[PDB]
S.K.: 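Pasting a structure below so you can have a look.
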Amino acid sequence: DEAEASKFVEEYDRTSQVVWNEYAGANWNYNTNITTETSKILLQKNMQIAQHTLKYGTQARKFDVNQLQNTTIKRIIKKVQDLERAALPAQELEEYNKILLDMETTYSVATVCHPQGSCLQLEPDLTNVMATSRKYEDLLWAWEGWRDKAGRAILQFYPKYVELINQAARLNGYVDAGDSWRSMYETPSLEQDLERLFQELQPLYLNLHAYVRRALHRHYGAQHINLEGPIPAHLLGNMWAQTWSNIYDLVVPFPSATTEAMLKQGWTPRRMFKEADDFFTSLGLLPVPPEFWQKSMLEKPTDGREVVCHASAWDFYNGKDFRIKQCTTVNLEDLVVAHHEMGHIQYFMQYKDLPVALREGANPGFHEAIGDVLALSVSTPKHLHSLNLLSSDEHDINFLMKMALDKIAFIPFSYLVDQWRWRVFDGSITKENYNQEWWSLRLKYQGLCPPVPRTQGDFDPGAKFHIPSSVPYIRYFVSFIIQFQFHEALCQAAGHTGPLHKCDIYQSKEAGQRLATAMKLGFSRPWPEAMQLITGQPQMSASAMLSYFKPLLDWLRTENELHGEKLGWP
Ligand SMILES: *[C@@H]1O[C@H](CO[C@@H]2O[C@@H](C)[C@@H](O)[C@@H](O)[C@@H]2O)[C@@H](O[C@@H]2O[C@H](CO)[C@@H](O[C@@H]3O[C@H](CO[C@H]4O[C@H](CO)[C@@H](O)[C@H](O[C@H]5O[C@H](CO)[C@@H](O)[C@H](O)[C@@H]5O)[C@@H]4O)[C@@H](O)[C@H](O)[C@@H]3O)[C@H](O)[C@H]2NC(C)=O)[C@H](O)[C@H]1NC(C)=O
Ligand SMILES: C[C@H](N[C@@H](CCc1ccccc1)C(=O)O)C(=O)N1Cc2ccccc2C[C@H]1C(=O)O
Ligand SMILES: [Cl-]
Ligand SMILES: [Cl-]
Ligand code: NA
Ligand SMILES: [Zn+2]
């Protein structure tokens, strides 16, 4: 009985590794070569994994986990009881798989065209426009056009998607898909805990917002920026106004105090990933295997192939084959993304000897945080100078501002995406109100407004990758808080004293060992245990992020007071 459960999970593990390896292959092949042939093979392999999931999930529900003694086996069996989409009847499963493929393909191949002119793709063309253009009308063209071509094209699929993902969730014991997603944290108090974290970041965000709004007023003109109102959503350097540091040049605190350098000094996608690999091994963490260099797709193909560019990290479930797929551009932003992705690979490597059911991060935010922690150190002026990419309190404030434009601005954005989705999933937001409710949250949390009134048929959420790709978002909110807790702890372990923002953990084997111990746990233990291993305490806390940015909070409050700024908006 305990012995039958044990046999049970050993069979599940051997067979799952095979079937999931085959599925991952097919998924990779489609993602790196969108065609009717790779699509067919993918939709077929979907049916194979579904059949396996159904078989072993059915058997897992036969056990009473309330009676099982071994806590590992109990946990594994409990997890395998969740069939996900494989719970759906065949007709619905087929329709759901097709909807998901159609959504992700629509997003990844959408283009925005000038008449009798060229057609731009999101990566790299529209990304580049949003980062570098300082002309209202040109930014508006890219911003609106991307929504018109990607967002509006997702709308036809989204209501049925919601029906079917919710139907699957109910068949697995949840009330809706949002309930199921939140369950990944195993934290009954999650919604309140996240809300309290968000509230703690509000002083810093409102101060940053007002400061940036002032700067935008200077460049884009008084007639286009209301100093007591929300900021137009196309002016922040990024398609979603999720991270703002591409407009650093417009907001630099101290003018008198890297892309050109990276290009001129011969950086390439492969060198960028080598740098990241080197950073991991400097901490005594694992190098990526030779296979990774052979099989990864580290730049957009030139050969014609249509691909899913949006960067991702892949585990092929055999303990050996790990890959990144990224349409890498040579710049510092993308170097940060490369490190983000390499953190996923590092996690995959660290937990590769666990049973597959426990091959996940302690929670999804932990998986998102690892690579970002290393990138915090990469980003420091000291470290960028060490890489030759660069040649005082003023310098300090400038650097904190650059960091804040990405890390603090992202907090409200990352919070809001799943506040919207949880309310779609629970039925609170119907299809008639999708776009209005998206904008009411964009206002409430980020203090943004759309530069052109939205119209019938718009579906702006569809223009953000994780929406059509059905990837949960709250993990990134969690990540952006906890990564600073990890940085604080690893900097302490490495013996750093003085301001946390001056910390660089490069070469610290003590920092590496802290992270490795936690990563090796996988999903085997409640996530607070992993939090405590790394930090010495069990909770999510904004204290570390606040500590990092303290000198900037102080500077921004003084600066905003001198200009008589009215924080917030109506
Ligand atoms: C409750 O049961 C758990 C689980 O027990 C194991 O799994 C069940 C299904 C049975 O098959 C049982 O025989 C197994 O032991 C108990 O936890 C285990 O306890 C043992 C003994 O302390 C511990 O042993 C260590 O294993 C470490 C890592 O092992 C893996 O990596 C090896 C080298 O890479 C390799 O030989 C194996 O790797 C494969 O294993 C995965 C699972 O099958 C597979 O998916 C993957 O592809 C891997 O390649 C090996 O499993 C190693 O570092 C140490 O030296 C130890 O020998 C296990 O780590 C531990 N397992 C887990 C998941 O915790 C637990 O003790 C028990 N409780 C009680 C009170 O009885
Ligand atoms: C680049 C990354 N891509 C996802 C891809 C996630 C994925 C999961 C399952 C199937 C396919 C894709 C990731 O690897 O988690 C990303 O989506 N962000 C990281 C990041 C990096 C820098 C700044 C912000 C963010 C958040 C997020 C994003 O860009 O929206
Ligand atoms: Cl939007
Ligand atoms: Cl998540
Ligand atoms: Na994208
Ligand atoms: Zn990630």
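Sequence positions for chain A are given in the PDB entry numbering; the residues included correspond to 40-609, in order. We count ligands from 1, going down the list as the structure has it; atoms in each ligand are counted the same way. The figures that follow rest on heavy atoms only: side chains count, while hydrogens, waters and symmetry mates do not.
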S.K.: Return the drug name for ligand 2.
M.R.: quinaprilat
S.K.: Could you peek at this structure and say which chain has the most contacts with quinaprilat (ligand 2)? A name from UniProt would do.
M.R.: Angiotensin-converting enzyme, soluble form
S.K.: Just curious, which residues make up the binding site of quinaprilat (ligand 2) with non-hydrogen atoms under 4.0 Å?
M.R.: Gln281, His349, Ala350, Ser351, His379, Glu380, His383, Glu407, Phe449, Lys503, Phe504, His505, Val510, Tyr512, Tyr515
S.K.: In terms of residue, atom name and distance, what is the protein heavy atom nearest to atom 15 (O) of quinaprilat (ligand 2)?
M.R.: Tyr515 OH, 2.7 Å
S.K.: Taking distance alone, with no angle check, do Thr282 and quinaprilat (ligand 2) share an N/O pair under 3.5 Å?
M.R.: no
S.K.: Counting residues of chain A that contact quinaprilat (ligand 2), which UniProt domain comes out on top?
M.R.: Peptidase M2 2
S.K.: Any idea which atoms of quinaprilat (ligand 2) are less than 4.0 Å away from a heavy-atom of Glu380?
M.R.: 1 (C), 2 (C), 3 (N), 13 (C), 14 (O)
S.K.: Output the list of atoms in quinaprilat (ligand 2) that are nearer than 4.0 Å to some heavy atom of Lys503, sorted by atom number.
M.R.: 28 (C), 30 (O)
S.K.: Of all the non-hydrogen atoms in the protein, which one sits nearest to atom 16 (C) of quinaprilat (ligand 2), and at what distance?
M.R.: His349 NE2, 3.6 Å
S.K.: Output the list of atoms in quinaprilat (ligand 2) that are nearer than 4.0 Å to some heavy atom of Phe504, sorted by atom number.
M.R.: 12 (C)
S.K.: Find other ligands or ions closer than 4.0 Å to quinaprilat (ligand 2).
M.R.: ligand 6 (zinc ion)
S.K.: Checking a contact table here: which protein heavy atom is nearest atom 5 (C) of quinaprilat (ligand 2), and how many Å away?
M.R.: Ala350 O, 3.2 Å
S.K.: N/O to N/O below 3.5 Å, does that happen between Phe519 and quinaprilat (ligand 2)?
M.R.: no
S.K.: Tell me, which protein residue and heavy-atom name are nearest atom 29 (O) of quinaprilat (ligand 2), and how many Å apart are they?
M.R.: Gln281 NE2, 3.4 Å
S.K.: So is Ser351 polar-close to quinaprilat (ligand 2), meaning N/O to N/O under 3.5 Å?
M.R.: no
S.K.: Just to confirm my output: which protein heavy-atom neighbour is closest to atom 22 (C) of quinaprilat (ligand 2), and how far is it?
M.R.: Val376 CG2, 4.3 Å
S.K.: Show me which atoms of quinaprilat (ligand 2) lie under 4.0 Å from any heavy atom of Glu407.
M.R.: 15 (O)
S.K.: Can you report which non-hydrogen protein atom sits closest to atom 30 (O) of quinaprilat (ligand 2), along with the distance?
M.R.: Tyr512 OH, 2.6 Å
S.K.: Please report which non-hydrogen protein atom sits nearest to atom 9 (C) of quinaprilat (ligand 2), along with the residue it belongs to and the distance in Å to one decimal place.
M.R.: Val510 CG2, 3.7 Å
